[PDB]
S.K.: 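First the structure, which I've put down as structure tokens, then a few questions once you've had a look.
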Amino acid sequence: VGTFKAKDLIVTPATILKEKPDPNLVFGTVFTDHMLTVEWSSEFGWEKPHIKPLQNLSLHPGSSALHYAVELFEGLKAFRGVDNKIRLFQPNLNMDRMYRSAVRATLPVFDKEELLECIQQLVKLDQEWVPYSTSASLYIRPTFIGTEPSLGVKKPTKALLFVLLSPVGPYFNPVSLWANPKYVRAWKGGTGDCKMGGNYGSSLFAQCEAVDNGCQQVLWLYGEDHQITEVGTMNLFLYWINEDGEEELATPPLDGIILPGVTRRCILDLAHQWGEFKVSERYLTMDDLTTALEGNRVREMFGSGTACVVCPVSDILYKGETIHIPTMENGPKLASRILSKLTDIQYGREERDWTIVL
Amino acid sequence: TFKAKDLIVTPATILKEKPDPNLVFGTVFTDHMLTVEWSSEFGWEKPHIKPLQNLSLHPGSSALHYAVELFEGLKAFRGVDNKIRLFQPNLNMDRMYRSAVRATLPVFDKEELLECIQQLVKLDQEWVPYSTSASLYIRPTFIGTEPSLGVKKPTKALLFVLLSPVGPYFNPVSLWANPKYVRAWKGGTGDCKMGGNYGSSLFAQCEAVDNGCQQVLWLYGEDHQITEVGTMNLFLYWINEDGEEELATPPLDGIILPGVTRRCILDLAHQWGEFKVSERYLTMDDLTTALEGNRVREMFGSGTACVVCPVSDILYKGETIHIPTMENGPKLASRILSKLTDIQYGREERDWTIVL
Ligand SMILES: *Cc1c(COP(=O)(O)O)cnc(C)c1O
Ligand SMILES: *Cc1c(COP(=O)(O)O)cnc(C)c1O
Ligand SMILES: NCC1(CC(=O)O)CCCCC1
Ligand SMILES: NCC1(CC(=O)O)CCCCC1
Ligand SMILES: [Mg+2]
């Protein structure tokens, strides 16, 4: 029972550094010169955190992360603002979610402040990788895995916490969605509300089946009434005129099968803040969708996430039929506004608690 | 696909001493392992049988981030005639292959993989315990080693096999039944040995442990269907609602993993023909109602690690529900255990075993 502390950081600089890429960058493909690694054991607990040259992990073949998916991750960004100050966006929320995930995965808890500071140091050393752009950023990937060498399924007595850095650009460009009720992403009583690796491996089949039909992503449906939950691995937002005739920004509620995105939260806070229209966390089914469509009640639909921020949807292939979404034929005003707002806050073109400097 | 004919063998320079057959499941490993690299641009590399060593993986490998991984479990047994046998190995190759497809991992020639495994076990054959109550556990593992963080079909992967001598896993177990957690769901992948299905079980499993139990009784649906005993297929031996003696186990509707042991037990039950054999749904209420009527005789889980694992108690709604398995023999559990072990250790010759 304890934690590692940033003041104990053991930094080992890379002798040979790599050349930065061109800001104009396939997501998660390029990695910086250094990484963060912290060992753990139930015997001695957390060791001293290390910032060393990016290298391969040396894992026992029996590591529980390779057999029973004892792992979890996070994804946040650092932005080199217009005032050229490197900033983090709502990092503390990422530390809160990662912690909640480590517990749900039975992985060893840690001090969020210490980790966030270790991440600060790691990004500081490689601050030059933070894209000298305004449409690019630095992707931060915290990863927690069980390295228990035994094959028995149980709480790991060994784990490794690491952080990778990758400069990224994009990921508008409306997307087509593949809606097949035969596949379910999360279930009540499952781990769909956590960022645990196990919830992602089983979706590759659906994804491939998605591209096989010109769709860039999967629209995850759930239950008898086919509630629409998430766009691929992005939270789903629906801007429309509800059943009562009111202008509304809707999104599925956090009832266990939806991941509580940091971007989802921010979009909700902004929406409430403006008070220009009803904001509701409610259930949305395909029928609610189609009925609204054949009434011209829909305006926009988009997914939200750290990677895309705001990703417009234009089509849903459902029951062998392409259902068009007027998202683009309506601006998308709401979606563009939200992008500007967050972008302004991310790159320093506007002050707000949501960001941190260093 | 890789060919067993291209195996590159690098024997360990120093051999480890064999453990006492005592043995804690999957904690001791043999001298060698099988590794086969795959890439999207070149396909499979040649298979390597080399000394047990750590895996050097790029920190971005999808197996660490998105659970792009699956695994298998089977055993080698030293016969009473000293012949080492594999039990239904081709069924594991089949299941592993199906899982590979559902996981979007590269396909391989089932027969070639088996031959590579046979050769690995042959090299470390002295590890196959000289006991009729111990065996050599075989762990084929398939992981995606895609370097990029984008979520997609891997362009790089690794297939490896570890060997581990093991003893047990009748020590009746008590199960913890809490509907709040769900092992797998319709539309899911609970019918595959993909890593993802296990990581989410640890929280419930630990809750079962600090609550006086050793395994989780996985419940599903509004009517609380009893699906599996921990990660072992569930069997109920009783007199059903029609008053018929019956051996029942949940149907393969998608939330149940098709265990080889499960299929074998059903096979044996059907051929003995001494009672009704049913692949059907079983709910906590069917169970409790049956207990009150004294219709339950036995309950046990089945799996490679524990061929037959009897259940004695179930903590359900704030109460401990006793299952009379042990005071009923357990006649059928024993008979079944006896039969299967006799086949595995060669006391009986059957097509379910492959020698050397
Ligand atoms: C990571 C993730 C999101 C988005 O969360 P953000 O913190 O907003 O990046 C949404 N859905 C799923 C399933 C996710 O894994
Ligand atoms: C492996 C496994 C079983 C048992 O299958 P066998 O082929 O008999 O070893 C049962 N349930 C789950 C969830 C499993 O992973
Ligand atoms: N849809 C993508 C992410 C989330 C996001 O940033 O929207 C989750 C899977 C791993 C890559 C990131
Ligand atoms: N219940 C156990 C296993 C199966 C078995 O052999 O019963 C699956 C999880 C990994 C260890 C093996
Ligand atoms: Mg062939």
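Sequence lines map to chains A, B, C, ... one by one, in the order shown. Throughout, chain A uses the PDB entry numbering, with the displayed residues spanning 22-45, 47-193, 199-385 in order. In order, the residues displayed for chain B correspond to 24-44, 46-193, 199-385 in the PDB entry numbering, which applies throughout. Remember, it's 1-based here, ligands and their atoms both numbered in the order they're listed. Heavy atoms only: backbone and side chains are in, while hydrogens, waters and symmetry mates are out.
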S.K.: Look at ligand 4 and say which of clavulanic acid, isoniazid, gabapentin, paracetamol, amantadine is there.
M.R.: gabapentin
S.K.: Please provide the name that UniProt uses for the chief contact partner of gabapentin (ligand 4).
M.R.: Branched-chain-amino-acid aminotransferase, cytosolic
S.K.: Which other chain letters have a heavy atom less than 4.0 Å from gabapentin (ligand 4)?
M.R.: A, B
S.K.: Identify the binding-site residues of gabapentin (ligand 4) at 4.0 Å, heavy atoms only.
M.R.: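 Going by non-hydrogen atoms, it's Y90(A), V175(A), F95(B), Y161(B), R163(B), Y193(B), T260(B), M261(B), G332(B), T333(B), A334(B).
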S.K.: Quick one: look up the protein heavy atom nearest atom 8 (C) of gabapentin (ligand 4) and list residue, atom name and how far away it is.
M.R.: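 The protein heavy atom lying closest is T260(B) OG1, 3.6 Å.
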S.K.: What atoms of gabapentin (ligand 4) come closer than 4.0 angstrom to any heavy atom of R163(B)?
M.R.: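 In order of number, 10 (C), 11 (C).
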S.K.: Okay, neighbours of gabapentin (ligand 4) under 4.0 Å, other ligands or ions only. What have we got?
M.R.: ligand 2 (pyridoxal-5'-phosphate)
S.K.: Find all atoms of gabapentin (ligand 4) within a distance of less than 4.0 Å from any non-hydrogen atom belonging to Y161(B), and give their numbers and elements.
M.R.: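 Those atoms are 12 (C).
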S.K.: Just jot down the gabapentin (ligand 4) atoms closer than 4.0 angstrom to any heavy atom of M261(B), in number order.
M.R.: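 Reading through gabapentin (ligand 4) atom by atom, the close ones are 1 (N), 7 (O).
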S.K.: May I ask you to list the atoms of gabapentin (ligand 4) that are less than 4.0 angstrom from any heavy atom of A334(B)?
M.R.: 5 (C), 6 (O), 7 (O)
S.K.: Please list, in number order, the atoms of gabapentin (ligand 4) under 4.0 Å from a heavy atom of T333(B).
M.R.: 5 (C), 6 (O), 7 (O)
S.K.: Quick one: nearest non-hydrogen protein atom to atom 7 (O) of gabapentin (ligand 4), plus distance?
M.R.: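 Ranked first by proximity to atom 7 (O) of gabapentin (ligand 4) is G332(B) CA, 3.3 Å.
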S.K.: I'd like to check which gabapentin (ligand 4) atoms, numbered from 1 as shown, lie under 4.0 Å from a non-hydrogen atom of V175(A).
M.R.: 9 (C), 10 (C)
S.K.: If you count the atoms of gabapentin (ligand 4) from 1 in the order shown, which ones are under 4.0 Å from a heavy atom of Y193(B)?
M.R.: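 Counting from 1, the qualifying ligand atoms are 1 (N), 2 (C).
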S.K.: Using a 4.0 Å cutoff against the non-hydrogen atoms of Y90(A), which atoms of gabapentin (ligand 4) qualify?
M.R.: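 So the answer, numbered in order with elements, is 10 (C), 11 (C).
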